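Model: enoyl-ACP reductase / ligand triclosan.
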Protein chains: 4
Amino acid sequence: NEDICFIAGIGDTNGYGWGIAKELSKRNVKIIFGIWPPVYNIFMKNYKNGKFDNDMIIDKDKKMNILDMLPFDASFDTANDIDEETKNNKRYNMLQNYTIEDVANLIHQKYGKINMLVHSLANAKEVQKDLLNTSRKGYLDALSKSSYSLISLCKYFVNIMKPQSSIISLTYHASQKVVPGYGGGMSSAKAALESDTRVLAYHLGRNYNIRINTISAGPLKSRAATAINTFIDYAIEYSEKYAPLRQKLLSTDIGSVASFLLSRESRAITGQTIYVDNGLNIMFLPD
Amino acid sequence: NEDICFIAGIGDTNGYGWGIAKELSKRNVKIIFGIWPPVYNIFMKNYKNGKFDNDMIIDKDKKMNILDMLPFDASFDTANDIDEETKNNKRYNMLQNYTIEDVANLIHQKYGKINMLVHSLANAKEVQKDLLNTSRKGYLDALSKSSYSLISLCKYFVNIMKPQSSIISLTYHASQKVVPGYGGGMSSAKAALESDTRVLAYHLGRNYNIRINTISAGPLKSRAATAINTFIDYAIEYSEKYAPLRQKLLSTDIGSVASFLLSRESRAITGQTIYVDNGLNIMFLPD
Amino acid sequence: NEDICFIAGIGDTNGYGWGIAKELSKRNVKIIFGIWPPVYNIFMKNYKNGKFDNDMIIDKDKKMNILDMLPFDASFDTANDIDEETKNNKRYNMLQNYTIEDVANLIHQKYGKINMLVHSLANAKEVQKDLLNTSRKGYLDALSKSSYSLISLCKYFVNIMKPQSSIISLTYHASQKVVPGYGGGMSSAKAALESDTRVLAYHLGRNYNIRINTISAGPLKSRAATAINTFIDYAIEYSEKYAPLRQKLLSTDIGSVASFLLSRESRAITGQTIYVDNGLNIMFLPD
Amino acid sequence: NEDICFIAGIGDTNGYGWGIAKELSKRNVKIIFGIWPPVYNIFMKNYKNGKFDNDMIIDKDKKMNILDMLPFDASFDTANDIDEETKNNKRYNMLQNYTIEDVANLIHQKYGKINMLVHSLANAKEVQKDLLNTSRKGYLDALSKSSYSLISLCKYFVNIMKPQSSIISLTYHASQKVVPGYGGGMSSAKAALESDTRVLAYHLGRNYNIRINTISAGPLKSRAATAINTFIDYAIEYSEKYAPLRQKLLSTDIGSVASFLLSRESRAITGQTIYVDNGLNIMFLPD
Ligand SMILES: NC(=O)c1ccc[n+]([C@@H]2O[C@H](COP(=O)([O-])OP(=O)(O)OC[C@H]3O[C@@H](n4cnc5c(N)ncnc54)[C@H](O)[C@@H]3O)[C@@H](O)[C@H]2O)c1
Ligand SMILES: NC(=O)c1ccc[n+]([C@@H]2O[C@H](COP(=O)([O-])OP(=O)(O)OC[C@H]3O[C@@H](n4cnc5c(N)ncnc54)[C@H](O)[C@@H]3O)[C@@H](O)[C@H]2O)c1
Ligand SMILES: NC(=O)c1ccc[n+]([C@@H]2O[C@H](COP(=O)([O-])OP(=O)(O)OC[C@H]3O[C@@H](n4cnc5c(N)ncnc54)[C@H](O)[C@@H]3O)[C@@H](O)[C@H]2O)c1
Ligand SMILES: NC(=O)c1ccc[n+]([C@@H]2O[C@H](COP(=O)([O-])OP(=O)(O)OC[C@H]3O[C@@H](n4cnc5c(N)ncnc54)[C@H](O)[C@@H]3O)[C@@H](O)[C@H]2O)c1
Ligand SMILES: Oc1cc(Cl)ccc1Oc1ccc(Cl)cc1Cl
Ligand SMILES: Oc1cc(Cl)ccc1Oc1ccc(Cl)cc1Cl
Ligand SMILES: Oc1cc(Cl)ccc1Oc1ccc(Cl)cc1Cl
Ligand SMILES: Oc1cc(Cl)ccc1Oc1ccc(Cl)cc1Cl
């Protein structure tokens with residue numbers, strides 16, 4: 001009782017963020033969605049029009065427990081970072097308090113302190129280009145939004161979290177082994193994310209008694225996965241054929257693991273990269 | 001509601017085997033203990049005398065549900081491997097059906113098929129010697145009882161397990177990084193165990209849809225630990241002083257993680273080495 | 001014969017860049033220094049005043065073979081990236097062709113194609129702050145100069161390198177394990193550098209038959225090492241006391257390894273992170 | 001000028017042992033071969049008949065300098081370990097002083113102290129069986145001859161080695177990632193070998209200032225390789241098709257790296273697993 005989780009990085013019901021929300025709901029955790037402004041209105045519309053009613057179904061008729069839905073952009077740390085153009089952009093103009101600091105303050109004011117935080121986002125302008133051809137701007141854009149965002153989320157949210165709270169993010173094996181197609185510096189961003197998870201585990205553990213881990217998920221055909229041009233269909237096919245466990249990897253498979261890591265049951269685990277990919281990562285040569 | 005777990009390697013209530021049994025009990029899992037013959041009667045004596053009553057208490061009105069307790073020696077695969085020096089041994093003479101295959105048949109004959117298996121045993125005759133001074137006989141003894149026993153357990157128990165069953169063992173970071181007092185080939189045995197966990201994950205996964213993982217636990221002042229050369233006293237002191245999470249590591253901390261890995265909740269995790277050590281493994285230079 | 005190496009990241013004779021240059025000279029490799037503009041003039045002055053004559057001594061009277069010394073700033077990819085302020089800054093005003101593209105073109109025009117490239121630089125404005133307190137700007141600054149610079153160096157220099165050429169950079173273990181004190185996102189930058197080394201190994205290997213590896217060096221009291229405030233004295237003391245090899249780590253120790261990796265003798269090694277740290281990285285618990 | 005290397009594990013000129021001998025010869029290192037008794041006479045026969053003359057050619061007017069060739073069985077530590085089944089064996093009856101301790105004393109008695117040691121042997125009676133179906137006897141046989149033999153070699157040879165000496169062994173990536181046809185416990189043996197290399201690095205480093213590393217080599221169609229179950233044909237085909245460097249891996253490619261690790265040039269490297277496989281180990285999803 002009293003478990004509140006903020007999930008940053010939800011634009012629909014086809015990604016891991018939604019799978020994580022469903023499993024947490026089964027444990028009676030209250031959910032707060034952090035939605036990227038560019039897709040905020042479209043998300044709300046569909047929600048209002050009851051387009052997600054089926055996907056919100058859990059257990060036996062059990063409906064998901066969505067406490068709130070807030071506009072959120074991990075590119076901005078404070079209101080002072082918002083550039084004039086973005087502030088005046090059509091999709092941002094009518095929204096407020098969407099920077100990392102503002103959302104933390106908003107959540108604290110409305111619901112008090114929370115104990116669960118999920119970083120389920122990533123972005124790279126040049127993801128379609130191989131690392132060698134990625135520009136400096138594209139590279140830094142990937143690191144800024146996909147990696148630094150985690151650090152910033154921690155810096156502002158630790159002030160509104162209870163001791164013994166837990167934090168998780170999502171990564172991918174391309175950080176440790178070569179996956180052609182995963183460009184734009186996304187591999188670089190994930191490698192940084194995994195390393196930052198260890199350093200943050202040290203600081204957050206000693207000073208706040210807070211835990212942080214990352215889940216290296218297998219392939220899922222999410223909206224963003226298609227942006228890589230297809231790459232995702234190949235990855236899924238390869239996984240279902242060569243993984244030690246030949247079964248379809250579901251968003252809820254990652255969700256149940258996320259639920260465990262966020263609960264007090266994983267009290268002694270921190271700074272780890274946990275693989276939830278049907279064991280594919282352990283293979284060397286296929287069959 | 002129908003889950004049965006065989007825990008191989010319990011001689012008292014101060015080790016990880018007991019902690020795992022306690023946590024699985026909270027989930028209403030029926031427990032069967034595999035006890036090393038040399039200490040079987042003494043264990044039985046204490047149990048009867050109520051020396052473990054307090055250690056069996058769980059939650060409010062809940063007691064640990066121990067289905068059965070059987071003599072079990074991981075040194076012998078089948079009845080044919082029992083030598084006269086053992087058969088004629090005082091402690092073994094009074095016991096029967098304690099080889100790996102016999103225990104599997106006995107359990108199956110009495111309770112049917114099971115779906116959870118825990119390997120929580122290690123043994124090395126020359127653990128007090130550094131690797132360089134360990135004899136061939138001592139080295140092989142460690143690998144035989146601490147590593148091969150996992151493979152043999154799987155070979156014989158898969159026949160009495162249900163599909164989608166799960167298996168776990170315990171390892172230690174000395175397999176990956178140097179820990180001076182961890183001798184006799186125990187470091188070697190743990191390295192083989194972690195690698196074997198991957199290979200078995202592939203075979204058991206493809207052929208039976210069965211999962212297998214290993215938990216790399218932090219220091220716990222248990223019975224066997226005290227045999228290493230005080231060493232455990234150092235390890236614990238160091239862990240509690242430098243680990244990112246400054247809290248005492250409890251056998252049940254490993255238990256709750258084991259319980260999760262043995263349930264369907266971790267359906268997509270296999271062949272992994274999961275660290276449950278308060279994050280100590282991530283540190284390099286002590287602060 | 002005909003071996004030319006460009007070493008990017010030399011501001012004096014106290015770092016690894018100089019140690020790498022000395023060892024390469026022993027193999028009769030022609031050296032070209034890439035010097036950061038802010039310290040370019042001071043470097044030349046000392047050189048001219050013969051302040052480095054002693055340090056240039058190799059073998060028996062054998063003097064180093066410095067082919068050229070060029071101003072170089074890894075922050076700029078092309079002349080178009082140079083901001084008006086920097087272009088007009090006192091130390092840059094009188095220098096030309098110091099961007100990555102210009103230096104590559106300059107080298108090609110003056111000496112033709114080369115076959116050896118060394119990335120021996122790093123920088124982070126907020127290195128004195130722990131990761132949690134590093135600003136977005138500081139973080140991206142670290143990644144831009146310490147990691148992306150490697151990718152850019154490769155993109156422009158592969159056009160002026162012969163097939164079978166070799167490239168190396170320098171990293172540090174803080175990317176894999178926690179080292180308190182290594183802040184400003186330097187740990188993040190090194191993790192990215194190591195991951196990018198693997199991805200680049202794939203692209204450069206398949207398309208140009210060029211190799212790339214990185215050396216994870218132990219502590220050396222270089223000029224930059226002092227910028228971390230001391231941290232470096234502690235690291236050196238810890239290393240000389242706990243490493244399996246209790247000896248002083250010299251810049252030339254890294255130099256000789258760099259020489260091997262850059263030569264044709266390491267033909268089958270690529271995408272690797274090679275540790276040259278007296279074996280400290282393999283230790284878990286000290287003595 | 002005074003370097004002597006003992007290479008344990010040579011039965012012909014198609015393996016890595018020969019490639020290592022060739023490269024060390026270019027450096028004028030005196031070579032002593034340790035030959036498995038069962039094939040000692042045949043080897044000697046071919047040598048006398050000049051069947052290896054072409055394989056011994058190096059550079060222009062340079063021939064491989066083989067100091068001596070001795071029968072050597074890594075299964076026996078001392079004369080006391082020789083059983084009647086072996087002593088009475090036809091192939092062993094005619095030979096003497098072939099245990100590890102005897103060879104060390106014999107070499108020392110004839111040529112004095114040495115400074116280079118190479119462990120290039122592996123053996124597993126049930127290599128054709130997958131791990132799950134490998135017997136205890138077969139599993140232990142693999143660990144005894146392929147892993148413990150390294151420890152015993154160090155224990156007995158340090159007495160006849162000079163300070164600052166170097167040692168290397170060969171391993172394979174199947175210890176870290178799953179390779180289906182690599183059975184009989186060879187994967188287990190390699191995992192132990194790599195871990196043991198770290199522990200030994202600590203002991204030999206602190207006590208004798210002696211270094212030890214292991215080379216993880218790529219596929220090479222050798223004599224023993226052909227015993228795995230064609231498998232080697234697959235491995236080679238896969239390596240040459242997907243590795244970042246599309247070139248044939250030669251025994252001398254491993255030889256040049258071995259030569260470097262055995263020289264003073266690598267003075268600061270110890271306890272490491274160095275990959276010499278054209279970078280194949282860094283790949284995840286084949287392109
Ligand atoms: N889908 C997969 O196959 C897969 C594999 C490994 C890891 N994960 C990781 O899981 C996370 C989500 O992946 P997914 O596939 O479910 O994607 P989605 O399902 O695309 O989720 C990503 C979310 O990020 C949001 N987002 C983008 N930029 C943002 C910004 N600046 N501020 C705030 N939100 C922003 C998007 O609007 C979107 O809802 C990422 O970290 C991804 O790398 C996914
Ligand atoms: N104690 C720790 O700090 C620690 C750290 C890492 C991993 N674990 C691992 O957990 C397992 C148990 O450790 P523990 O500390 O709880 O020890 P215990 O508490 O000593 O548990 C080991 C059990 O093995 C049994 N055993 C020994 N030889 C046997 C044989 N031939 N057949 C059957 N059973 C046999 C013993 O009787 C004992 O009950 C081991 O694998 C150990 O390496 C423990
Ligand atoms: N010294 C150590 O203990 C140590 C340990 C591990 C790795 N290495 C790595 O070796 C490299 C050099 O380290 P070092 O200690 O010898 O340092 P130095 O000896 O400080 O070398 C770094 C060089 O980078 C140059 N530089 C900084 N910003 C630049 C820019 N924008 N463009 C071009 N040049 C720039 C400096 O002027 C300097 O000459 C770095 O990558 C460092 O992280 C060093
Ligand atoms: N062949 C490859 O592709 C490959 C890949 C990775 C690592 N390496 C490793 O290199 C080493 C040699 O491999 P290789 O392919 O050159 O094989 P060979 O070319 O088969 O070399 C192995 C040698 O071990 C000797 N041997 C076997 N049992 C022995 C015993 N009891 N005592 C003494 N010598 C004994 C054999 O007679 C033989 O000369 C092994 O450790 C192997 O695992 C080889
Ligand atoms: O990390 C991922 C891994 C896979 Cl296999 C599929 C999708 C992934 O997620 C992303 C990839 C690129 C961008 Cl730009 C944004 C996101 Cl969310
Ligand atoms: O693996 C372990 C790690 C630690 Cl820190 C403490 C105890 C451990 O467990 C053992 C060590 C040696 C032997 Cl002979 C038997 C066991 Cl059960
Ligand atoms: O990587 C390093 C590791 C160590 Cl132990 C010492 C110095 C290092 O190098 C740097 C650290 C911070 C900045 Cl800003 C620049 C450089 Cl060159
Ligand atoms: O380790 C190896 C790896 C590969 Cl790919 C090919 C051959 C190898 O070497 C062996 C394998 C099994 C046995 Cl019984 C003996 C040896 Cl020498």
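Just so it is clear: chains get the letters A, B, ... in the order the sequence lines come, proteins before strands, and each one is counted from 1. Recorded method for this deposit: X-ray crystallography, 2.2 Å. What's counted below: heavy atoms across the whole structure, side chains too, no hydrogens, waters or symmetry copies. Atoms within a ligand are numbered from 1 in the order they appear, just like the ligands themselves.
All instances of triclosan are found at ligands 5, 6, 7 and 8. Other chains with a heavy-atom distance under 4.0 Å to triclosan (ligand 8) are given as D. In this structure, residues within 4.0 Å of triclosan (ligand 8) (heavy atoms) are D/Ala122, D/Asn123, D/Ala124, D/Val127, D/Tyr172, D/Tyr182, D/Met186, D/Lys190, D/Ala224, D/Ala225, D/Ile228, D/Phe231. Heavy-atom contacts of D/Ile228 reach the following atoms of triclosan (ligand 8): 6 (C), 7 (C), 11 (C) (cutoff under 4.0 Å).
Those atoms of triclosan (ligand 8) with a heavy atom of D/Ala224 less than 4.0 angstrom away are 15 (C), 16 (C), 17 (Cl). Which parts of triclosan (ligand 8) touch D/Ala225 is read off a 4.0 Å heavy-atom cut-off, strictly below it: atoms 6 (C), 7 (C). On a distance-only criterion, D/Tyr182 and triclosan (ligand 8) share at least one N/O pair closer than 3.5 Å. Close approach of triclosan (ligand 8) to D/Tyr172 is summarised as follows: ligand atoms under 4.0 Å from at least one heavy atom of the residue are 3 (C), 5 (Cl). When each atom of triclosan (ligand 8) is checked for a heavy atom of D/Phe231 under 4.0 Å away, the hits are 5 (Cl). Short version: no covalent link from triclosan (ligand 8) to a chain.
Near D/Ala124, the atoms of triclosan (ligand 8) lying under 4.0 angstrom from a non-hydrogen atom of the residue are 14 (Cl).
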